[PDB]
**Student:** 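Structure with nelfinavir, see below.
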2 protein chains.
Amino acid sequence: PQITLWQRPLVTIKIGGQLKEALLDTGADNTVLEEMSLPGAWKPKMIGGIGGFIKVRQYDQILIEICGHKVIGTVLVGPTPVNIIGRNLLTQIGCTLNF
Amino acid sequence: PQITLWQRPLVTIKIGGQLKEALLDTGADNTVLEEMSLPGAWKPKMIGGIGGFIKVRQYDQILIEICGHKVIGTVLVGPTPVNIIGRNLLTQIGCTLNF
Ligand SMILES: Cc1c(O)cccc1C(=O)N[C@@H](CSc1ccccc1)[C@H](O)CN1C[C@H]2CCCC[C@H]2C[C@H]1C(=O)NC(C)(C)C
């Protein structure tokens, strides 16, 4: 698909058997999801946004369905107000900016 | 142009007679620039990112050159670590996400 930017670029994702809405975010290096239970091992990480830092749990090799594309990558879980799909996963769906 | 996302989508902008680098940011509703002097009237605003909020100055009807496209819009100025081009200006250059 082509997605214009007059509205937030929100898409449906499936992760850990759960359906969620997430923002396609070219300004984010990483993918950051609201608190959820993901099975398996994780590592502590801190990430900085505008306004400061949040503590997150880093899960590797996590399967996510983003607009029907299955992708595997690192997802960070913590107190973000919006689920963010960052460049680490955007590249896996061949997502480009065009103008 | 088409811009892939293996690296941060940084572009050169010209604003207030100054050259800066800024990130094309589909996850940002607004455009937020590091501290700079812009002439004219402004209004106080607070903006929330991941991690918290920052106080900014809101300038309207500001001319900015983004990859040779001249656009006019609202620019927020304050303590962001990276200049951010948000959807308010991305729409003006006809920027789309494609995959
Ligand atoms: C999520 C993330 C990473 O994993 C790695 C690096 C940065 C970020 C990150 O927070 N990036 C942000 C730009 S602000 C920014 C700050 C530093 C570097 C690059 C961008 C997002 O793209 C936009 N970001 C998406 C979203 C993140 C959760 C909180 C609500 C919004 C806030 C919005 C935002 O900040 N908007 C402003 C108008 C204040 C700029």
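Note on naming: letters A, B, ... go to the chains in the order of the sequence lines (proteins, then strands), and numbering restarts at 1 for each one. Quick note: numbers below take in every heavy atom, side chains included, and nothing from hydrogens, waters or symmetry partners. First listed ligand is number 1; within each ligand, the first listed atom is number 1.
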**Student:** In this deposited structure, which macromolecule lies in greatest contact with nelfinavir, as labelled in the PDB entry?
**Tutor:**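 With more contacts than any other chain, that's protease retropepsin.
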**Student:** What chains, other than any belonging to the drug, come within less than 4.0 Å of nelfinavir, counting only non-hydrogen atoms?
**Tutor:**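 Heavy-atom contacts come from A, B.
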**Student:** Which chain residues come within 4.0 Å of nelfinavir, judged by heavy atoms?
**Tutor:**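 Heavy-atom neighbours of nelfinavir: A:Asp25, A:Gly27, A:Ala28, A:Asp29, A:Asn30, A:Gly48, A:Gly49, A:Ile50, A:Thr80, A:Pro81, A:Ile84, B:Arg8, B:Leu23, B:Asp25, B:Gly27, B:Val32, B:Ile47, B:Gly48, B:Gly49, B:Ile50, B:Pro81, B:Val82, B:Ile84.
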**Student:** Quick check: A:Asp25 and nelfinavir, any N/O pair under 3.5 Å apart?
**Tutor:**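 A:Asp25 vs nelfinavir: N/O contact under 3.5 Å present.
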**Student:** In the protein, what heavy atom is nearest to atom 17 (C) of nelfinavir, and what distance, to one decimal place, separates them?
**Tutor:**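 Going by distance alone, atom 17 (C) of nelfinavir is nearest to B:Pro81 CG, 4.0 Å.
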**Student:** Can you tell me which residue and heavy atom of the protein come closest to atom 24 (N) of nelfinavir, and the distance to 0.1 Å?
**Tutor:**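 Answer for atom 24 (N) of nelfinavir: B:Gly27 O, 3.7 Å.
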**Student:** Number the atoms of nelfinavir from 1 as they appear, then name those within less than 4.0 Å of a heavy atom of B:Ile47, with their elements.
**Tutor:**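 Once the distances to B:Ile47 are compared, the set is 39 (C).
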**Student:** What residue and atom, counting heavy atoms only, is the protein's closest point to atom 26 (C) of nelfinavir, and at what distance?
**Tutor:**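 That would be A:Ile84 CD1, 3.7 Å.
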**Student:** Output the list of atoms in nelfinavir that are nearer than 4.0 Å to some heavy atom of B:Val82, sorted by atom number.
**Tutor:**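 Listed by number with element, the hits are 18 (C).
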**Student:** With heavy-atom distances below 4.0 Å as the criterion, list the atoms of nelfinavir near A:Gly49.
**Tutor:**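 With A:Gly49 as reference, the close atoms of nelfinavir come out as 10 (O).
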**Student:** Could you list the atoms of nelfinavir found under 4.0 angstrom from a heavy atom of A:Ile50?
**Tutor:**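 So the answer, numbered in order with elements, is 35 (O), 39 (C), 40 (C).
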**Student:** Taking both backbone and side-chain atoms of A:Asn30, is any N or O found less than 3.5 Å from an N or O belonging to nelfinavir?
**Tutor:**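 Yes - when backbone and side-chain N and O of A:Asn30 are compared with those of nelfinavir, one distance drops under 3.5 Å.
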**Student:** Could you identify the single nearest non-hydrogen protein atom to atom 38 (C) of nelfinavir and state the distance to 0.1 Å?
**Tutor:**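 So the nearest neighbour among protein heavy atoms is B:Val32 CG2, 3.7 Å.
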**Student:** Is any heavy atom of the protein nearer than 4.0 Å to atom 28 (C) of nelfinavir?
**Tutor:**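 Neighbour list for atom 28 (C) of nelfinavir includes protein heavy atoms (cut-off 4.0 Å).
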**Student:** Would you mind listing which atoms of nelfinavir come within a distance below 4.0 Å of any non-hydrogen atom of B:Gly48?
**Tutor:**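 Near B:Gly48, the atoms of nelfinavir are 32 (C), 39 (C).
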**Student:** Just wondering, where does the PDB say chain A originated?
**Tutor:**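 The PDB entry says Human immunodeficiency virus 1.
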**Student:** Enumerate the atoms of nelfinavir whose separation from the nearest heavy atom of A:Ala28 is less than 4.0 angstrom.
**Tutor:**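 This gives 1 (C), 2 (C), 22 (O) as the contact atoms.
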**Student:** Numbering the atoms of nelfinavir from 1, which are under 4.0 Å from a heavy atom of A:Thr80?
**Tutor:**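 Going through nelfinavir atom by atom, the ones under 4.0 Å from A:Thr80 are 28 (C).
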